[PDB]
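Entry featuring pamidronate.
The sequence lines fix the lettering, A, B, ..., with proteins before strands; numbering per chain opens at 1. Reckoned from all heavy atoms, side chains included, excluding hydrogens, waters and symmetry mates. Ligands are counted one by one from 1 in listed order, and the atoms in each one are counted from 1 as well.
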Number of protein chains: 2
Amino acid sequence: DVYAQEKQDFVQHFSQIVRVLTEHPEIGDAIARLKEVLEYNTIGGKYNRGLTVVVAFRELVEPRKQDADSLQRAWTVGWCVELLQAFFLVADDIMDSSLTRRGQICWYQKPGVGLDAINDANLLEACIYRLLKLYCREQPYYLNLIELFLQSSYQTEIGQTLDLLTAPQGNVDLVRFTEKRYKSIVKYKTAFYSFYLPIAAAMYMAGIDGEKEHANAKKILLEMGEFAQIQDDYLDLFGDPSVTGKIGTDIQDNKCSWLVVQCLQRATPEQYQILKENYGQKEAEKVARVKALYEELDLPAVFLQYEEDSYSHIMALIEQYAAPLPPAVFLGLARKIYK
Amino acid sequence: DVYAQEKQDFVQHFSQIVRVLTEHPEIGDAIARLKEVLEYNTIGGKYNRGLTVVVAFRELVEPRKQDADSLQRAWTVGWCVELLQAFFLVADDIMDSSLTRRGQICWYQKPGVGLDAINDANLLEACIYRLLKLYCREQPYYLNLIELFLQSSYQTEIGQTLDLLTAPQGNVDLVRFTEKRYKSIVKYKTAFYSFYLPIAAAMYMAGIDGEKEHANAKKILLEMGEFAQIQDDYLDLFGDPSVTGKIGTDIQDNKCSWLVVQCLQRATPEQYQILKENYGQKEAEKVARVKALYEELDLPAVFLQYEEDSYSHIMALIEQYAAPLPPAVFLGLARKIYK
Ligand SMILES: NCCC(O)(P(=O)(O)O)P(=O)(O)O
Ligand SMILES: NCCC(O)(P(=O)(O)O)P(=O)(O)O
Ligand SMILES: [Mg+2]
Ligand SMILES: [Mg+2]
Ligand SMILES: [Mg+2]
Ligand SMILES: [Mg+2]
Ligand SMILES: [Mg+2]
Ligand SMILES: [Mg+2]
């Protein structure tokens with residue numbers, strides 16, 4: 001695996017990122033806190049979004065053009081994608097009332113952190129533009145990268161607004177949980193930043209700035225993003241937290257999950273009433289009742305059939321839109337998403 | 001007053017900003033929520049930071065160069081400074097546990113908003129870069145403006161970290177409340193975004209990009225920022241909430257206020273013990289005890305003498321560093337700050 005090898009080399013570069021971001025004695029205490037925020041929240045994941053930048057860069061740039069400075073800028077932009085994700089996740093954990101992430105308690109759940117995590121999240125986002133300035137300022141793709149990260153943040157935030165508006169706390173929202181609504185939330189809240197952003201960053205760094213090539217890449221990557229969020233929704237309830245590193249909250253949070261959308265399409269009038277009575281509530285027995293209904297409607301089997309259909313669809317889109325990019329750019333990512 | 005006239009003309013342009021930011025039917029609901037966030041949080045203030053952009057622009061640019069498009073870009077950048085402030089304040093109200101702002105309950109205290117305000121704050125920040133792209137993309141100062149707003153956000157966030165680290169909830173922190181600590185917090189948390197950012201934005205728009213001229217402007221503006229935060233700290237306890245539009249929380253939040261720093265410099269060993277026992281706690285009787293101690297040490301009189309000394313100092317800095325900029329750029333702002 002092209003990711004599995006480059007993984008340890010990627011993590012080894014974190015130490016330099018922290019040193020450069022921690023490099024005015026008056027702000028000493030604030031800088032020591034930023035280092036703590038970085039070390040707790042940006043390290044511990046699979047680093048698939050950040051590694052995608054590095055792997056795509058090595059596949060798109062001519063090896064004679066892959067000098068020490070060029071590769072350093074590639075790893076740094078990969079770490080900017082990981083920082084963007086860390087910004088979103090620190091805040092998403094507060095708004096989703098989550099307990100754990102990447103095998104440890106959520107940063108905001110830590111004694112002595114609490115709602116100060118809001119500012120900590122904003123500092124993580126600020127660090128992206130600090131790194132882009134320090135390493136890419138004199139490059140011709142500088143403005144393209146800045147605008148890509150800003151645009152990806154706007155899209156994600158619009159997606160999170162849709163996610164939160166469809167999931168009001170204390171209100172029965174089954175009418176809102178439609179396939180059309182689900183597809184819009186997922187496109188904006190995760191597909192852009194998770195798949196389009198790292199490949200587009202590598203494309204701009206390789207000097208591929210054409211509107212058509214970015215549109216063709218986006219066509220594959222947004223569909224891959226849709227499947228990744230469906231899988232994330234499935235694992236929220238049916239995944240092993242020792243593997244996922246987090247505890248699911250979608251049922252309690254009244255979320256427009258892929259699971260609830262599939263339930264509503266297959267439920268009898270009686271089964272709809274069970275869902276209405278038990279969904280979007282904090283009671284453990286009500287959550288268990290929803291999971292029992294999902295297993296009764298064979299939703300894990302419906303998911304298994306969907307993964308197969310989605311995989312074939314994404315492969316047909318790679319055949320249609322990959323050119324002139326090497327298909328291996330999209331196949332490597334598809335190998336990581338589909339298990 | 002050059003601000004008092006241009007105030008109504010500034011507010012009249014908000015309608016266009018909202019229309020352009022609310023201009024894909026799938027994200028309809030999210031866009032309707034963004035409009036609600038903008039209308040609740042960006043309108044209702046004095047608009048002094050946003051007006052500073054417009055007034056400084058008209059004073060720095062030749063009237064023959066002040067065309068309809070140029071002025072439209074000036075009002076828009078003024079509204080970007082107001083959006084940046086709205087982003088910081090929506091989040092600062094959550095972390096300071098505030099109740100009201102600009103005469104109404106804090107956005108997060110609204111029933112049905114709560115911690116979703118975290119995402120709402122992030123959308124306000126995203127809107128800045130949406131407006132810069134839509135109006136300033138083809139201008140030579142585009143990258144300078146983007147970098148100025150990003151740098152101002154980083155500085156402010158570093159300042160807020162320092163503010164929160166010096167004010168731990170549940171801990172007696174009087175040792176930390178020094179003049180040197182206070183001056184660092186204030187420089188970063190408010191002075192850059194409140195005074196340096198709007199003048200620098202107008203300077204870049206007028207084609208004044210020289211390192212020396214920006215350094216000379218900053219020398220005046222950061223000192224003005226220091227006084228504005230001291231006045232804000234004084235009004236937190238001794239101001240009229242019908243005038244300030246907000247309720248003070250500095251004593252309850254264990255903040256390193258200018259007032260507590262002055263108290264600690266003038267307190268007898270007995271008075272220090274009263275402060276230690278009553279500061280940084282939510283009990284109304286303990287807050288009242290701290291205010292009684294402040295009035296006993298004549299801190300409102302100490303503030304009155306400070307405003308006079310600060311005013312003379314800022315005027316001496318205008319005489320020293322204003323040139324070649326018209327002194328009226330700094331005098332107009334000084335007239336607004338000093339009451
Ligand atoms: N997309 C952000 C984070 C998530 O994927 P996560 O499962 O919390 O990591 P969400 O389900 O809240 O959308
Ligand atoms: N500077 C941000 C907001 C304040 O000025 P405000 O008094 O809450 O408006 P703070 O005192 O929290 O610093
Ligand atoms: Mg979540
Ligand atoms: Mg979420
Ligand atoms: Mg999830
Ligand atoms: Mg405050
Ligand atoms: Mg504050
Ligand atoms: Mg205050």
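- The parts of the structure that belong to pamidronate are ligands 1 and 2.
- Bound to pamidronate (ligand 1) with the largest number of contacts is the chain that the PDB entry calls Farnesyl pyrophosphate synthase.
- Other chains reaching under 4.0 Å from pamidronate (ligand 1) with at least one heavy atom: A.
- In chain A, UniProt dimethylallyl diphosphate-binding residues less than 4.0 Å from pamidronate (ligand 1) by heavy-atom distance: A:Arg101, A:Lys189, A:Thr190, A:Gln229, A:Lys246.
- At least one N or O atom of A:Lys189, backbone or side chain, sits closer than 3.5 Å to an N or O atom of pamidronate (ligand 1).
- When heavy-atom distances to pamidronate (ligand 1) are checked against a 4.0 Å cut-off, A:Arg101 comes that close only through its side chain, counted from C-beta outward.
- Taking only nitrogen or oxygen atoms, main chain and side chain alike, A:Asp93 does not reach within less than 3.5 Å of pamidronate (ligand 1).
- My check of the UniProt Mg(2+)-binding residues in chain A for heavy atoms under 4.0 Å from pamidronate (ligand 1) returns A:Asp92, A:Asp96.
- Of all atoms in pamidronate (ligand 1), listed by their number and element, those nearer than 4.0 Å to a heavy atom of A:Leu89 are 3 (C).
- The deposit credits the origin of chain A to Homo sapiens.
- Contact between A:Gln229 and pamidronate (ligand 1) is present, with at least one heavy atom of the residue lying under 4.0 Å from the ligand.
- Taking every heavy atom under 4.0 Å from pamidronate (ligand 1), one finds A:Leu89, A:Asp92, A:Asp96, A:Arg101, A:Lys189, A:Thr190, A:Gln229, A:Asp232, A:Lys246.
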